[PDB]
Amino acid sequence: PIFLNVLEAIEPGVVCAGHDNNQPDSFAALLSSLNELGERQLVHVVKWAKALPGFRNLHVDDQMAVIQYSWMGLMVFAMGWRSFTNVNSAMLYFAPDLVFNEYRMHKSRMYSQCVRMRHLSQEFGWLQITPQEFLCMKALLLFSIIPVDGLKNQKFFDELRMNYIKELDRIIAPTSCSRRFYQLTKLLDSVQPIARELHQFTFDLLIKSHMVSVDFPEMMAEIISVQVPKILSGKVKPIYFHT
Amino acid sequence: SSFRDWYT
Ligand SMILES: C[C@]12CCC(=O)C[C@@H]1CC[C@@H]1[C@@H]2CC[C@]2(C)[C@@H](O)CC[C@@H]12
């Protein structure tokens, strides 16, 4: 199954957040540490993406574009998985040195969102998702948000996407092998409104970040200020399986 | 952009 080989091979490892657990759980520290993590996990997302099958066939601006649009969802999906596998979904396994219990969920002022992410995590258990399914689904997520008028080379993108769908089809490869497809497509859809809420939250946060002493690393601030607003303003949209 | 230059 050459495609799995790749996905299993290139899957990024553990990434620590750099969080000082000796300090108390302030809003500023939890959030500056999550911003750091984000910047760290983006390095790995980039390296991973470049090594995906067919990915470097996309025009290079498209390449950068889809990474910058889809990092949240990708990162949230992978964090849901880690939480499922390491803490059976009581808490949120952001990094081994940044595990959110409920207190941290409240202190982050993103309790609401963290509730939605914990559901996502539970669903990994609820649905008995295999590692191979996770991987194929996670890759699809890279190809699940685009400009509404399209990318420079949109035809190559649609083809690639098609192909990642068939792979998820294949790893599922006729009443379960169909109702299953319904379920995972459903689960993938569910990532989008959660990422939507985090985009809104982080963008709001970056705007008021001098007022609250929250540090945003360089590329995170660029992406939040240039790219995220295209999603928030409706210029860039998720692609859903189901309407 | 800083991303445009890291990625290339
Ligand atoms: C993607 C990250 C960081 C990586 C991860 O495992 C998931 C997590 C989801 C919440 C994001 C966070 C990056 C920092 C953000 C964007 C904060 O600014 C607000 C919401 C945070």
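We name chains A, B, ... by the order of the sequence lines, and we start the count at 1 in each one. When the header is checked for method, it gives X-ray crystallography, 2.3 Å. In listed order, ligands and their atoms are each counted from 1. All heavy atoms count here, side chains included; hydrogens, waters and symmetry mates do not.
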- [ ] Specify the drug or drug candidate at ligand 1.
- [x] dihydrotestosterone
Task: Main binding partner of dihydrotestosterone (name per UniProt) - done: Androgen receptor
Task: Other chains, non-hydrogen atoms under 4.0 Å from dihydrotestosterone - done: A
Open item on the list: Could you walk me through which residues contact dihydrotestosterone, taking a 4.0 Å heavy-atom cut-off?
Closed with: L31(A), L34(A), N35(A), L37(A), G38(A), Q41(A), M72(A), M75(A), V76(A), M79(A), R82(A), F94(A), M110(A), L198(A), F201(A), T202(A), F216(A)
Task: Interfacing atoms of dihydrotestosterone (cut-off 4.0 Å, heavy-atom, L198(A)) - done: 20 (C)
Task: Nearest protein heavy atom with distance in Å, relative to atom 11 (C) of dihydrotestosterone - done: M72(A) SD, 4.2 Å
Task: Distance from atom 16 (C) of dihydrotestosterone to nearest protein heavy atom, with residue and atom - done: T202(A) OG1, 3.2 Å
Task: dihydrotestosterone contacts in chain A: dominant UniProt domain - done: NR LBD
Open item on the list: Can you tell me which residues in chain A that UniProt annotates as binding 17beta-hydroxy-5alpha-androstan-3-one end up with a heavy atom closer than 4.0 Å to dihydrotestosterone?
Closed with: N35(A), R82(A), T202(A)
Task: atom 4 (C) of dihydrotestosterone - nearest protein heavy atom and its distance - done: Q41(A) OE1, 3.4 Å
- [ ] Kindly confirm or rule out an N or O of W71(A) lying under 3.5 angstrom from an N or O of dihydrotestosterone.
- [x] no
Task: Heavy atom of the protein closest to atom 12 (C) of dihydrotestosterone (residue, atom name, distance) - done: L34(A) O, 4.1 Å
- [ ] Could you tell me which atoms of dihydrotestosterone, counted from 1 in the order shown, lie closer than 4.0 angstrom to a heavy atom of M79(A)?
- [x] 6 (O)
Open item on the list: My question is simple, although I want it checked carefully: is atom 7 (C) of dihydrotestosterone less than 4.0 angstrom from any protein heavy atom?
Closed with: yes
- [ ] Considering the heavy atoms of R82(A), write down every atom of dihydrotestosterone situated less than 4.0 Å from one of them.
- [x] 6 (O)
Open item on the list: For atom 1 (C) of dihydrotestosterone, what's the nearest protein heavy-atom neighbour? Residue, atom name and distance, please.
Closed with: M75(A) SD, 3.8 Å
Open item on the list: For atom 15 (C) of dihydrotestosterone, what is the closest protein heavy atom, and at what distance to 0.1 Å?
Closed with: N35(A) OD1, 3.8 Å
